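Drug bosutinib bound to macromolecule Proto-oncogene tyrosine-protein kinase Src.
All residue numbers given for chain A refer to the PDB entry; the residues shown span 257-412, 424-533 in order. Atoms within each ligand, like the ligands themselves, are counted from 1 in listed order. Quick check of the header: X-ray crystallography, 2.6 Å.
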Amino acid sequence: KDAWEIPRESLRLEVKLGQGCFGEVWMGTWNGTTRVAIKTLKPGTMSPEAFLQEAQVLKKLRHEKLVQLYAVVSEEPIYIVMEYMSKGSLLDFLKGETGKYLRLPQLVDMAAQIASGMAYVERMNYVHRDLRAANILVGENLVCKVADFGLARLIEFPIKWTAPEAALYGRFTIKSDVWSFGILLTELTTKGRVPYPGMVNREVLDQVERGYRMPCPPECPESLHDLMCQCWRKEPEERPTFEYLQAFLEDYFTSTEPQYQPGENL
Ligand SMILES: COc1cc(Nc2c(C#N)cnc3cc(OCCCN4CCN(C)CC4)c(OC)cc23)c(Cl)cc1Cl
């Protein structure tokens, strides 16, 4: 046991937020004062330090644009205790009521924050393995954080967000996260629309290997789709860094699209 462990008696499992093939997610209260969120094991569901190795990644990672670990439980019943994100998933946020008021400036800045989280990941020498809008939590003031490193690792599988070399040959790198970041960029600019519309997994895998790439989403600037294309380069090592992507997006509206005017959607 380590210093990340707490008494479970500390924990008010209150409202329910979701389920899965893993367990649940709950709003709750920690030591009576603190709002938290808990990813649960409903008793047996799966392996101990499989559920509890997303902790071992999340313990050593610690950035403002990453969802924060608060504590863990193995005094079974079992829990992963984390920082509570008020507006839920970026996917739900984009599809929901506020989604449609979202404009490029907002969307680019969300992209930015995420780039920022991932750039930290990048210099910590970790890989996320599952980057996509569904694993981005939104809080107040349009804040976005990376969450659910649930497969993550030191650099020692829903394929539409997955880089070819990673889906096919299991080559997961920060460079394959980048690939996913570019796909994540199509989600933001379409307001949550599933990538590769009308295509099934195997068809996506076959067309992407022949070099098919998603075209510029409607009302999305060419400069922003260029960036997605860079993120989707065949050779992993030619994809840009999260550091370049972070700085590119923060500076976007001055350095890159300094003449942008809003349309009916973006
Ligand atoms: C702890 O373990 C993990 C937990 C999570 N999941 C969450 C964490 C975290 N972290 C924090 N806070 C969350 C808040 C949620 O909903 C709150 C508000 C929802 N509404 C949207 C619609 N409007 C109009 C009302 C508000 C939520 O919904 C499912 C999931 C959350 C992930 Cl993604 C990964 C890991 Cl590893």
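Of the heavy atoms in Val323, only side-chain atoms (C-beta onward) come closer than 4.0 Å to bosutinib.
Listed by number with element, the atoms of bosutinib under 4.0 Å from a non-hydrogen atom of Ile336 are 1 (C), 2 (O). Scanning the protein for heavy atoms near atom 35 (C) of bosutinib, the closest one is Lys295 CD, 4.1 Å. In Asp348, neither the side chain nor the backbone holds a heavy atom less than 4.0 Å from any atom of bosutinib. Taking all heavy atoms of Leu322, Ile392, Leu273 into account, the minimum distance to atom 16 (O) of bosutinib is reached by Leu273. Summary of contacts: the protein heavy atom closest to atom 5 (C) of bosutinib is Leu393 CD1, 4.0 Å. Contacts between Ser342 and bosutinib below 4.0 angstrom, taking non-hydrogen atoms only, involve the backbone exclusively. The bulk of residues of chain A touching bosutinib reside in UniProt domain Protein kinase. Below 4.0 Å from some heavy atom of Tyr340 lie the following atoms of bosutinib, by number and element: 11 (C), 12 (N), 14 (C), 17 (C), 18 (C). Nearest-heavy-atom check against atom 11 (C) of bosutinib across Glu339, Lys343, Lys401 picks out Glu339. For chain A, the entry records the source organism Homo sapiens. Less than 4.0 angstrom separates atom 25 (C) of bosutinib from none of the non-hydrogen atoms of the protein. For a threshold of 3.5 Å applied to N or O pairs, the pair formed by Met341 and bosutinib contains at least one separation below that value. Between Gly406 and bosutinib there is no heavy-atom distance shorter than 4.0 Å. With a 4.0 Å heavy-atom cut-off, bosutinib is reached by the side chain of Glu310 but not by its N, CA, C or O.
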